[PDB]
Enquirer: 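This structure holds CB3717. Let me ask you some things about it.
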There are 2 protein chains.
Amino acid sequence: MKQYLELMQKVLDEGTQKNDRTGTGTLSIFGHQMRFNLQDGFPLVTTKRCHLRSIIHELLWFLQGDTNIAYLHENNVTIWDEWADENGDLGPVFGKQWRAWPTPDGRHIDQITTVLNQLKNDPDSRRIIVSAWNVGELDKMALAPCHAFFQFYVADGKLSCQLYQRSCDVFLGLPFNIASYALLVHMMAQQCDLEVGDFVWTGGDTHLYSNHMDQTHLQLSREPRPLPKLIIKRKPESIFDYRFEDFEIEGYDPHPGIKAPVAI
Amino acid sequence: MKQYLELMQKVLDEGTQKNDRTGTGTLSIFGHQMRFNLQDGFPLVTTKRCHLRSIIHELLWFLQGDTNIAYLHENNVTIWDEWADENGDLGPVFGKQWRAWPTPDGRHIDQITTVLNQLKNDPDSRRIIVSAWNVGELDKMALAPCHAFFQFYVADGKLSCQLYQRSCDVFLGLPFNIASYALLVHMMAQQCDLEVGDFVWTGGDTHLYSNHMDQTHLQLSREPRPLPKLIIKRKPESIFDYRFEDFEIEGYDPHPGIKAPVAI
Ligand SMILES: C#CCN(Cc1ccc2[nH]c(N)nc(=O)c2c1)c1ccc(C(=O)N[C@@H](CCC(=O)O)C(=O)O)cc1
Ligand SMILES: C#CCN(Cc1ccc2[nH]c(N)nc(=O)c2c1)c1ccc(C(=O)N[C@@H](CCC(=O)O)C(=O)O)cc1
Ligand SMILES: Cc1cn([C@H]2C[C@H](O)[C@@H](COP(=O)(O)O)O2)c(=O)[nH]c1=O
Ligand SMILES: Cc1cn([C@H]2C[C@H](O)[C@@H](COP(=O)(O)O)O2)c(=O)[nH]c1=O
C-alpha cells in the first residue's frame, strides 16, 4: 500500500543502525504516524500476499481472552509457536489484559465490554481506551505487548481508532497489525451501528531487520494493487460471537508472497 | 512555536464540532504528531507568556510520587485546585502510578527507577516505557491521565521520548505538556550522560474549546520569537533530587500572556 511502502523507504533512507534484543541488528527510526481511511478500502498489503487466516484467527483469539496457543493450533495458525512454553502458554498477554485485567483488590476488568458501553452511552468520551500494558504483570509475559494501547473516537457517525505500537517489525509484523486493527474497527462499528472512519497507526521504534533487506528491496519494486473490500456477512449478537466464516475479503489480488525469517 | 501554531490552524480548518464531558463544546481532530528537536532549543511557546513556575513544580511534584496538592500550594501553584477533594487529594494520578504502581500481589513498582536502570544497562531496549494508565485504579482518579503513556529511545548517543496524549486542550494544556516532557528528557539525559534528541508528541482527541476562539485568533496573529535555551546548573545525585533553582531558562522573550478560562 502507498503509506506502507513510503514507510519502508523512509526507514531505509533515514534509519540508523541499532543493535536489538534478538541479536539480529536493525535499521530504526523513532516516531511515525500514518492514517488509513477505512472507507477507501480494507488496508491489507497487496505488494506481497498476506495470510488472512492467521490474521483473522489471532484477533478472534485475543477477543476470547485466550493466551494459550491451542486454539491457534486447532486452526492451523503457527505464528505464536516460538514464544510459547511447553504447555503452549504465553502468560497474561493481549487477550488476558483485554478481557480480564486483574486489579489490586481482586477484581478483573473486561476492557472490551467497558468500551462497548462507552461507545453506546458516551460516544463523545475522550477516554475510550484499551491498554495491554499492565506494568504489574509484565514479568510474566512471554513478550511485552508491542501493540500496547489504543483509543476509539466518534465524530459525525464514524468510528476511528488510534493504535500506539512501541516496537514495529515493518516487514513481518506491520502488515498483520494494520489489518488486525482495521478488522476490529469494522467489528466494533457494526456492533455499535456506526460507519468506519480512520485507522491511525503510531509507531515508537519502527525498524527493518538486517536479514530482511533483500526482501524489502524486492517488495519496493512492486506496484500496489487496488485495495480489497471487507464484507461482514452476519451481525452476531455480540463482539465475542464472530466466526472466521463471517468475513469475506473481496477483490484481493496480491503479488506473490515473500518468505522472511522471524527474529526470536 | 511554528509546529504549535500550525496545529492551532489545522484544528480551526479541519476540526469538527464535538460535544464534550465539560459541556463547553470543542472543535476536534483525531490523531496528530509533531516532533521537536531539543538541540534546536527548549520548546516553550513564545507567542504567549507561559508560567514556568507552574510547569517546573508540577513535574517535580510528579517525580516525588505525590498526588496531594499541598506541595503545589506551598509553592504558589494553583493549576490543580479545581479537581482536588476537600483534603487536597486527586487520587492515584500521575505521580502515584509513576513511582508506586500497585500490583495484584501487593507490590509497588517504581517505573522511573526501572527506566533509569534500562537506560543505563539496556539502552537499545524497545520497552523503555512509563504508563499512568492503570485500568484497575481509574475509578479512584479525579481525572483520567491525559498524558497517559511515554517511551524513551536511544540512538547515536541521544535520548528521544515519545508521549501519547489521549486528550489535548491545545490552547491551555498543550504548551505546559510540551515543556513538561521536554524538561524530563533533559533531566533524564543528564542523569544518564546522554545528549538530548527529539521529543515526539502524539495526540488522540486534539481540540480547541469553543470559549478559546478569540484567544486563538489573537495568538495566531503573532510571530514566534527564537526559542530559549535550557540550562541545568547542577547535576543532582539522582533524578529525584532536582530543585526549582537548578533550572535556568535563558533568552525567553515571549509576547504577552493571554487569559482563558479552563473547562472543568
Ligand atoms: C504482528 C503480528 C503477529 N505475530 C506475532 C509476532 C511475534 C514475534 C515477532 N517477532 C519479530 N521479530 N517480528 C514480528 O513481527 C513478530 C510477530 C506474527 C509472527 C510471525 C509472523 C510470520 O512469520 N508471518 C509470515 C508467515 C505466515 C504464515 O504463513 O504462517 C509472513 O510471511 O507473513 C506473522 C505474525
Ligand atoms: C497541561 C497541564 C497541567 N494542568 C492540569 C489541567 C487540568 C485540567 C484541565 N482541563 C482542561 N479542560 N484543559 C486543561 O488543559 C487542563 C489542565 C493545567 C491546568 C490549568 C492551567 C491554566 O489555567 N493555566 C493558565 C494560568 C496559569 C497561571 O498563571 O496560574 C495559563 O494561562 O496557562 C495550566 C495547566
Ligand atoms: C507481537 C508483535 C511483535 N512485533 C515485533 C516488533 C519487534 O521487532 C519484535 C518484538 O521485540 P521487542 O520486544 O524487543 O520489541 O516483534 C510486531 O511488529 N508486531 C507485533 O504485533
Ligand atoms: C491534565 C491535562 C488535561 N488536559 C485537558 C485535555 C482535556 O481538554 C481535559 C481533560 O478532559 P477529558 O478527560 O474529558 O479528556 O483537560 C490537557 O490537555 N493536558 C493535561 O495534562
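Lettering of chains follows the sequences in order, A, B, ..., and the numbering in each one begins at 1. Remember, it's 1-based here, ligands and their atoms both numbered in the order they're listed. Per deposition record, X-ray crystallography, 2.0 Å. Both backbone and side-chain heavy atoms feed into the values below; hydrogens, waters and symmetry mates do not.
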Enquirer: Quick one: which ligands or chains are CB3717?
Expert: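 Every copy is at ligands 1 and 2.
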Enquirer: Please name the chain that forms the largest contact set with CB3717 (ligand 2), as given in UniProt.
Expert: Thymidylate synthase
Enquirer: List the other chains that have a heavy atom under 4.0 Å from CB3717 (ligand 2).
Expert: B
Enquirer: Within 4.0 Å of CB3717 (ligand 2), heavy atoms only, which residues of other chains turn up?
Expert: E58(B), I79(B), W80(B), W83(B), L143(B), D169(B), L172(B), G173(B), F176(B), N177(B), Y209(B), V262(B), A263(B)
Enquirer: For atom 20 (C) of CB3717 (ligand 2), which protein heavy atom lies nearest, and how many Å away is it?
Expert: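 Result: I79(B) O, 3.9 Å.
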Enquirer: Which protein heavy atom lies closest to atom 3 (C) of CB3717 (ligand 2), and at what distance to 0.1 Å?
Expert: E58(B) OE2, 3.5 Å
Enquirer: Output the list of atoms in CB3717 (ligand 2) that are nearer than 4.0 Å to some heavy atom of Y209(B), sorted by atom number.
Expert: 12 (N)
Enquirer: Starting from atom 24 (N) of CB3717 (ligand 2), find the nearest protein heavy-atom neighbour and note its residue, name and distance.
Expert: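 Looking at atom 24 (N) of CB3717 (ligand 2), the protein heavy atom closest to it is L172(B) CD2, 4.0 Å.
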Enquirer: I'd like to check atom 17 (C) of CB3717 (ligand 2) in this structure: does the protein have a heavy atom lying under 4.0 Å from it?
Expert: no
Enquirer: Going by the order shown, which atoms of CB3717 (ligand 2) are within less than 4.0 Å of some heavy atom of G173(B)?
Expert: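 Counting atoms of CB3717 (ligand 2) from 1, those under 4.0 Å from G173(B) are 1 (C), 15 (O).
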Enquirer: Could you check the entry and tell me where chain B comes from?
Expert: Escherichia coli
Enquirer: Which residue of chain B listed as active site in UniProt is nearest to CB3717 (ligand 2), and what's the minimum heavy-atom distance to 1 Å?
Expert: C146(B), 6 Å
Enquirer: Atoms of CB3717 (ligand 2) less than 4.0 Å from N177(B) heavy atoms?
Expert: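 Result: 1 (C).
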Enquirer: Which residues in chain B does UniProt mark as dUMP-binding that also have a heavy atom less than 4.0 Å from CB3717 (ligand 2)?
Expert: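 Of the UniProt dUMP binders, heavy-atom contact within 4.0 Å holds for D169(B), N177(B), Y209(B).
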Enquirer: Scan the protein's non-hydrogen atoms and note whether one is under 4.0 Å from atom 31 (C) of CB3717 (ligand 2).
Expert: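 Yes, at least one protein heavy atom sits under 4.0 Å from atom 31 (C) of CB3717 (ligand 2).
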Enquirer: For CB3717 (ligand 2), find out whether one of its N or O atoms is nearer than 3.5 Å to an N or O atom of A263(B).
Expert: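 Looking only at distances, the answer is yes, because the N/O contact criterion of under 3.5 Å is met.
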Enquirer: Provide, to 0.1 Å, the distance between atom 28 (C) of CB3717 (ligand 2) and the closest protein heavy atom, together with that atom's residue and name.
Expert: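 Closest protein heavy atom to atom 28 (C) of CB3717 (ligand 2): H51(B) ND1, 4.3 Å.
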Enquirer: Among protein heavy atoms, which sits nearest to atom 2 (C) of CB3717 (ligand 2), and what does the distance come to when rounded to 0.1 Å?
Expert: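 Atom 2 (C) of CB3717 (ligand 2) sits closest to the protein heavy atom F176(B) CB, 3.9 Å.
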Enquirer: Return the closest protein heavy atom for atom 13 (N) of CB3717 (ligand 2) as residue, atom name and distance.
Expert: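 Looking only at protein heavy atoms, the one closest to atom 13 (N) of CB3717 (ligand 2) is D169(B) OD2, 2.7 Å.
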